[PDB]
Chemist: 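Below you'll find the structure I mean.
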Amino acid sequence: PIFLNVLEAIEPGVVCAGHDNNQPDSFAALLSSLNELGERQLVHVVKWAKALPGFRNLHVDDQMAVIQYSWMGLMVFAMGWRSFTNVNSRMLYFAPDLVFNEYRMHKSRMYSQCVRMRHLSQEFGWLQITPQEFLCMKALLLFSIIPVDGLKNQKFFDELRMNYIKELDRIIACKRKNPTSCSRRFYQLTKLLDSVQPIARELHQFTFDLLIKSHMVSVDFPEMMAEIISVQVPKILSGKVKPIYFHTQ
Ligand SMILES: C[C@]12CC[C@H]3[C@@H](CCC4=CC(=O)CC[C@@]43C)[C@@H]1CC[C@@H]2O
Ligand SMILES: Oc1ccc(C2Nc3cccc4cccc(c34)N2)cc1O
């Protein structure tokens, strides 16, 4: 249970958005708080990524790259898990102080993306995802998006990712008998994981589009979000960096 003990030990606690719930729900106010929340969650993502088994064996530029590419997917997934465990997926639980009901979903102007996020959230319920399956899936999301012409040390990346797939396959296969059950299950979970990607990508277009018009629309982006969204996110939009799918889309 060593790999699982570590994944349960390094898991972030609650991150607050710092949203002032006494302000009226406006676009400016909702998206600036989401942006601050993304910025706060980045600090914790960085510290979590670095405590992961084998992570520091990656080349150091590569460690920065996988995090600056995959943060959107990791946070969407974790948020869907929080929504599921806290409000049985009925609303989007970004943070204790920034929970979206239907009105916030409309005012944020991301209503259809929110719907797709609630759908992802509900799959945790429909699939009866266990906390152990959750933590191994989210660890893998870290290794699920890279540049098309490879990382600085692609071989070390490939080995690591292989090992994360094997740990997920093992977290399933601890507790099952005569096995159509075990294939069907791995199939289900690799389908859930592939499904995070098109969602992440919608939110990549959205937040890029917003950063560009952010002065016209009084939305604040803090230091790191603004930098990652202008430097790394367009490499995803332009197709220089692409998700690693299990099944072909
Ligand atoms: C990227 C973004 C700010 C950060 C958001 C993102 C939507 C999903 C998301 C979920 C979280 O739980 C952390 C914040 C993030 C990562 C927002 C959509 C537009 C906005 O600019
Ligand atoms: O080897 C390393 C790999 C990634 C990082 C790392 N990656 C980051 C991405 C985005 C924002 C950051 C802000 C502060 C520190 C970081 C960031 N640190 C630091 C390292 O020293």
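Per the PDB entry, chain A residues shown: 671-919, in order. In listed order, ligands and their atoms are each counted from 1. Only this structure's heavy atoms are used, side chains among them; waters, hydrogens and symmetry mates stay out.
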Chemist: Name the main binding partner of ligand 1 here according to the PDB entry.
Modeler: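 By the greatest number of contacts, it's androgen receptor.
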Chemist: Can you identify the drug or drug candidate present at ligand 1?
Modeler: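 Recorded as testosterone.
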Chemist: Could you walk me through which residues contact testosterone, taking a 4.0 Å heavy-atom cut-off?
Modeler: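 Going by non-hydrogen atoms, it's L701, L704, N705, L707, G708, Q711, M742, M745, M749, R752, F764, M780, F876, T877, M895.
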Chemist: Show which atoms of testosterone fall inside a sub-4.0 Å distance from at least one heavy-atom site of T877.
Modeler: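 So the atoms of testosterone that pass are 1 (C), 19 (C), 20 (C), 21 (O).
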Chemist: Please state which protein non-hydrogen atom is closest to atom 17 (C) of testosterone and give its distance, to 0.1 Å?
Modeler: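 The protein heavy atom lying closest is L704 CD1, 4.4 Å.
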Chemist: Can you sort out which atoms of testosterone are near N705, meaning under 4.0 Å from one of its heavy atoms?
Modeler: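 In order of number, 2 (C), 3 (C), 20 (C), 21 (O).
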Chemist: Under 4.0 Å from any heavy atom of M895, which atoms of testosterone are there?
Modeler: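 Atoms satisfying the 4.0 Å criterion: 3 (C), 4 (C).
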Chemist: I'd love to know which of the UniProt 17beta-hydroxy-5alpha-androstan-3-one-binding residues in chain A sit under 4.0 Å from testosterone, measured heavy atom to heavy atom.
Modeler: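 Checking heavy atoms, the UniProt 17beta-hydroxy-5alpha-androstan-3-one residues near testosterone are: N705, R752, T877.
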Chemist: Residue-wise, which UniProt domain of chain A is most involved in contacts with testosterone?
Modeler: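 Those residues lie mostly in UniProt domain NR LBD.
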Chemist: Under 4.0 Å from a heavy atom of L701: give me the atoms of testosterone that qualify, with their elements.
Modeler: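 Those qualifying, in numeric order: 19 (C), 20 (C).
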Chemist: Nearest to atom 8 (C) of testosterone, what protein heavy atom do you find, and at what distance?
Modeler: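 For atom 8 (C) of testosterone, the nearest protein heavy atom comes out as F764 CE2, 3.9 Å.
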Chemist: Within testosterone, which atoms have a heavy atom of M749 less than 4.0 Å away?
Modeler: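 Going through testosterone atom by atom, the ones under 4.0 Å from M749 are 12 (O).
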Chemist: Within testosterone, which atoms have a heavy atom of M742 less than 4.0 Å away?
Modeler: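 Near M742, meaning under 4.0 Å from one of its heavy atoms, testosterone has 1 (C).
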Chemist: Does some non-hydrogen atom of the protein lie less than 4.0 angstrom from atom 15 (C) of testosterone?
Modeler: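 Within 4.0 Å of atom 15 (C) of testosterone, no protein heavy atoms are found.
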Chemist: Where is the nearest protein heavy atom to atom 18 (C) of testosterone: which residue, which atom, and how far?
Modeler: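 It is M780 SD, 3.9 Å.
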Chemist: Does any N/O atom on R752 come nearer than 3.5 Å to any N/O atom on testosterone?
Modeler: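 The answer is yes, given that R752 and testosterone share an N or O pair closer than 3.5 Å.
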Chemist: How close does the nearest protein non-hydrogen atom get to atom 13 (C) of testosterone, and which residue and atom is it?
Modeler: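 Sorting protein heavy atoms by distance from atom 13 (C) of testosterone puts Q711 OE1, 3.5 Å first.
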